Amino acid sequence: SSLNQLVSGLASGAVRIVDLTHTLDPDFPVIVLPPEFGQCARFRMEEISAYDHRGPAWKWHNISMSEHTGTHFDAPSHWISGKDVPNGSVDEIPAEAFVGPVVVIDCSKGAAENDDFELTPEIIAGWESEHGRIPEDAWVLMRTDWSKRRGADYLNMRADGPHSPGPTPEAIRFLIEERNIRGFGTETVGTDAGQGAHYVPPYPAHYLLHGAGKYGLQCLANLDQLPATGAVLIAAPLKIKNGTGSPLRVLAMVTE
Amino acid sequence: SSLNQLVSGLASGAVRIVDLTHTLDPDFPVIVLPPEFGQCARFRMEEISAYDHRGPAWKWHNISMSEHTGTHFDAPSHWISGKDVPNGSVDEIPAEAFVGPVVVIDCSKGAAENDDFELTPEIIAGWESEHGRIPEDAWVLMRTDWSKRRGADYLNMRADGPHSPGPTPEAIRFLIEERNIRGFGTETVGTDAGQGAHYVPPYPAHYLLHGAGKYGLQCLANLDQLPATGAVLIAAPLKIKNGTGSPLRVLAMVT
Ligand SMILES: O=C(OCc1ccccc1)c1ccccc1
Ligand SMILES: O=C(OCc1ccccc1)c1ccccc1
Ligand SMILES: [Mn+2]
Ligand SMILES: [Mn+2]
């Protein structure tokens, strides 16, 4: 069976698990929005006990964050256009959606030359000319190697807001309507470009993906370790009551 | 590849995914300890915006809880016996540990007749007579259907503390030393029995599992959906800096 073979390959290393997750840490950057709006929180942790009088044989912590802190998953109810999608919160998404095929589009060269690099229909067509049609119900990850930025260059805020790569409205429309993807993931804090408020419609990845019942992943790491095709993504969010998203441990299984 | 077969089996329904997780909810019970100790927090959530003046096109929340709230994973650094284990925190555990074979020992009939039911070496031996030995580096789940208890029946507190099933020290030692298991999971708030402070050593599942660099799962649901053998568990904890555990979404793939 595929599962018996999977177990054997995982045990030998013929199938490797790549962790695509950043550490949840108080100093890891989170999305910043215009100052009139409520803001995403940083991760925070505090000891309950540490093998001391408060708990002599154990150590454990209280934790707090936002649904959108760190490496995290976006459900359709996160956007106003997804507010009527069935199974639209993280606690209702069917579990078969948490494991599936993934394709990785390498935009790292373009992102190194232009902070506002755009994933376009033409680039997707170029990718499919080499790797074949994107399979139905796949995750599509836009690799940029942005996850290697370790300071203020990660959010990359300028006077008019953040400058980071993302998809155009036409790219997202193509992936949804012509390829029926499961979701879209990036290495930045947004599935939209940093300047995505100025597309038509604003924040088109969010507006269109979630309006169509599709999912988002943000702040992925280590996409340069993945093949363009053939890997399997594990992206199971926390089962938050009526939740719009969650931090999560994103993994890819890779044949090697 | 074994991955292309998996993808097409998930798409066709030949492979199914069972969710083994309880919803994170302020009302779901969390572990309660003697009152002189620090306590686990309940899950809490509050809106940042809900398509409103605070965020006109989006809805999202702040959340708070403990590492050990809800369906959750225990890393070896959670116990004092785990102090000298390498890679003992949830952000350091090798990722291959997060997907693996699982076996399920059905103790539901015993738990229905004894709140303090004990999984013993004898019960494990009976299971192995039927199913063959527990595979090396497998997750072992003690099924009790305790996850069907709601409200106060789930913690099941009495004047002498909580009454819920769990393993004996000898059962855990057998699984670690003779079968080299990866970890142990239950449908209760602890990998130990509710009255497990009274074993030698106290809380032996925690003490022995984490002292051996092994993992725990607690508050699992839906274990009655799983076969005794052949399923694959997905249990990937949040990547908390130096974390001792985390809430997580536990799943099982079943053929
Ligand atoms: O990603 C969106 O902003 C795009 C973006 C991308 C990068 C940085 C900042 C913003 C977003 C997410 C949640 C709420 C509102 C907007
Ligand atoms: O596993 C027990 O507590 C161990 C423990 C001690 C301190 C912290 C975490 C875990 C347990 C089991 C059932 C009910 C209550 C407690
Ligand atoms: Mn988000
Ligand atoms: Mn715990």
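Here is the naming used below: chain letters follow the sequence lines, and residue numbers restart at 1 for every chain. All heavy atoms count here, side chains included; hydrogens, waters and symmetry mates do not. Indexing begins at 1, ligand by ligand and atom by atom, following the structure's order.
Picking from benzyl benzoate, sulfaguanidine, LdT, clonidine, the molecule at ligand 1 is benzyl benzoate.
In this structure the chain with most contacts to benzyl benzoate (ligand 1) is the one the PDB entry names isatin hydrolase A. At a heavy-atom cut-off of 4.0 Å, the other chains in contact with benzyl benzoate (ligand 1) are listed as A, B.
Within the 4.0 Å heavy-atom criterion, the part of A/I31 lying near benzyl benzoate (ligand 1) is the side chain and not the backbone. When each atom of benzyl benzoate (ligand 1) is checked for a heavy atom of A/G190 under 4.0 Å away, the hits are 1 (O), 6 (C). At a heavy-atom distance under 4.0 Å, only side-chain atoms of A/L33, from C-beta outward, approach benzyl benzoate (ligand 1). Scanning the protein heavy atoms around atom 1 (O) of benzyl benzoate (ligand 1), the nearest turns out to be A/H206 CE1, 2.9 Å. Less than 4.0 angstrom separates some heavy atom of A/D192 from each of these atoms of benzyl benzoate (ligand 1): 4 (C), 6 (C). Closest heavy-atom approach to atom 15 (C) of benzyl benzoate (ligand 1) within the set A/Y207, A/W79, B/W60: this belongs to A/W79. The nearest protein atom to atom 9 (C) of benzyl benzoate (ligand 1), hydrogens excluded, is given as A/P162 CG, 3.4 Å; this is a heavy-atom distance. With respect to atom 5 (C) of benzyl benzoate (ligand 1), the closest heavy atom belonging to the protein is A/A193 O, 4.0 Å.
With ligand atoms numbered from 1 in the order given, benzyl benzoate (ligand 1) contributes 7 (C), 8 (C) to contacts under 4.0 Å with heavy atoms of A/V189. The protein non-hydrogen atom at the shortest distance from atom 13 (C) of benzyl benzoate (ligand 1) is A/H78 NE2, 3.7 Å. Around benzyl benzoate (ligand 1), within 4.0 Å by heavy-atom distance, are found A/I31, A/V32, A/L33, A/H78, A/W79, A/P162, A/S164, A/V189, A/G190, A/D192, A/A193, A/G194, A/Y203, A/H206, B/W58.
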